[PDB]
Amino acid sequence: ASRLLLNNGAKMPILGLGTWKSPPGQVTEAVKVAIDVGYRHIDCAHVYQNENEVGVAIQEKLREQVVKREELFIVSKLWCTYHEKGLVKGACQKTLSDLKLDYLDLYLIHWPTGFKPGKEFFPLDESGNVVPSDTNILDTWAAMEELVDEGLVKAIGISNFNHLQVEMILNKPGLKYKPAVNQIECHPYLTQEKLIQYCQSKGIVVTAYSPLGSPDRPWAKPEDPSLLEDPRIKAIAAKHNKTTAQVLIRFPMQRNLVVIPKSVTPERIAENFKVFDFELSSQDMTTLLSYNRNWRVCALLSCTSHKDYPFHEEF
Ligand SMILES: NC(=O)c1ccc[n+]([C@@H]2O[C@H](COP(=O)([O-])OP(=O)(O)OC[C@H]3O[C@@H](n4cnc5c(N)ncnc54)[C@H](OP(=O)(O)O)[C@@H]3O)[C@@H](O)[C@H]2O)c1
Ligand SMILES: O=C(O)Cc1nn(Cc2nc3cc(C(F)(F)F)ccc3s2)c(=O)c2nccnc12
Ligand SMILES: O=C(O)Cc1nn(Cc2nc3cc(C(F)(F)F)ccc3s2)c(=O)c2nccnc12
């Protein structure tokens, strides 16, 4: 279905527009186009450095009466340099001010790893490594919880958490709110079966990020495997008279995951939305699952030493 029910009673659109790497100068138009096309979910983050320009778009479409605020699902994310309890609210309000909203539909802990607070998104020490902060997930969660009580955000969740980190929150003594969502990298080369099964079992909705394999991530190398150019996936696409992107978007949807493909390109924003009028076969789904290779595009490998580095566990 086009929306999934969250554990807070809200309906989250299963298709949203990603905005990482969307430059300030193109993201306003992208969001306006997406909304015109019918997207009702935008995935944002402070660290994407474009929330102002996302805000401008939403304001215009509200003013044009193309959409109402309550038909939109806006997500943002608390960056790693703000995990200190006392900094969480300020970060949230700064995001709200930039987006020009009164509330977020969903606010996530962007990554489990706290970094040193300050002006830099990735504060480096003299060795050129990221500097951790003395912060922990449960205290950051407590501060996220307070945002709900204040009505700044309708829902809270986590992103890039492994199952033990999730369990830690679920088992917190005095827990006020379970995570609504865990947003994780997910595509045919990283199919995430075990963490998906775990989260779904707990009533936590999974959002699949980098569904097209993030070919525009700054660090892509030419030898890196490429989902959009995989001939196996094109053949499945051709069979439905759809594009490879459309298949890659449809795939998570049929696993009951939310998916958030990024484009600044109007024609592709439009293409990516045309995923409600076809269906992958159960054989197609099996096949796409068989392509897993535990290939991960977002992993900041030098953070392996951080106590909260998520990707040591099997899931
Ligand atoms: N929670 C997290 O830690 C996290 C991590 C990564 C991503 N995310 C979220 O997930 C979103 C999506 O992931 P992503 O941005 O890494 O990458 P992605 O959506 O897998 O891929 C985006 C890339 O695919 C291209 N593209 C889009 N539609 C296409 C189509 N129909 N045909 C061909 N190329 C197409 C885009 O080109 P153009 O823009 O040039 O059209 C862009 O280079 C992000 O933007 C962000 O919102 C979250
Ligand atoms: O490490 C590489 O060679 C490229 C690469 N980069 N990145 C992004 C970043 N990598 C870094 C690395 C540093 C640091 F300076 F090494 F600490 C500081 C900030 C960042 S942001 C990944 O997340 C990433 N994840 C998986 C694989 N490669 C990468
Ligand atoms: O975080 C996102 O939503 C996408 C994104 N990913 N990456 C790769 C990253 N990978 C990681 C990995 C960790 C980890 F928790 F240590 F594993 C912590 C922070 C990061 S950031 C960037 O370097 C990055 N840099 C700027 C903006 N966005 C990103």
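Numbering of residues begins at 1 and proceeds along the displayed sequence. Determination method: X-ray crystallography, 2.0 Å. Start at 1 and go down the list; that is how both ligands and their atoms are numbered.
- What binds ligand 2 most in this entry is, by the naming of UniProt, Aldo-keto reductase family 1 member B1.
- Notes: drug at ligand 2 recorded as AT-001.
- In chain A, the UniProt-annotated active-site residue lying closest to AT-001 (ligand 2), at the minimum heavy-atom distance rounded to 1 Å, is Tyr48, 11 Å.
- Against a heavy-atom cut-off of under 4.0 Å, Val297 is close to the following atoms of AT-001 (ligand 2): 24 (C), 25 (N), 26 (C).
- Looking at atom 5 (C) of AT-001 (ligand 2), its nearest protein heavy atom turns out to be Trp219 CG, 3.4 Å.
- Scanning the protein for heavy atoms near atom 1 (O) of AT-001 (ligand 2), the closest one is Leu301 CD1, 4.3 Å.
- Residue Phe122 places no N or O, backbone or side chain, under 3.5 Å from any N or O of AT-001 (ligand 2).
- Restricting to residues UniProt lists as binding substrate in chain A, the heavy-atom distances under 4.0 Å from AT-001 (ligand 2) involve none of them.
- With hydrogens left out, the protein atom closest to atom 3 (O) of AT-001 (ligand 2) is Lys221 NZ, 4.0 Å, a heavy atom.
- The shortest N or O to N or O distance between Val130 and AT-001 (ligand 2) is not below 3.5 Å.
- Annotation: atom 25 (N) of AT-001 (ligand 2) to nearest protein heavy atom, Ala299 N, 3.1 Å.
- Measured against 4.0 Å, the other ligands and ions close to AT-001 (ligand 2) are ligand 3 (AT-001).
- Residues of chain A that UniProt gives as binding NADP(+) and that have a heavy atom less than 4.0 Å from AT-001 (ligand 2): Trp219.
- Scanning the protein heavy atoms around atom 15 (F) of AT-001 (ligand 2), the nearest turns out to be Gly128 O, 2.9 Å.
- The heavy-atom binding site of AT-001 (ligand 2) at 4.0 Å consists of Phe122, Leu124, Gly128, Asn129, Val130, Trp219, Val297, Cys298, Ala299, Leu300, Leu301, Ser302.
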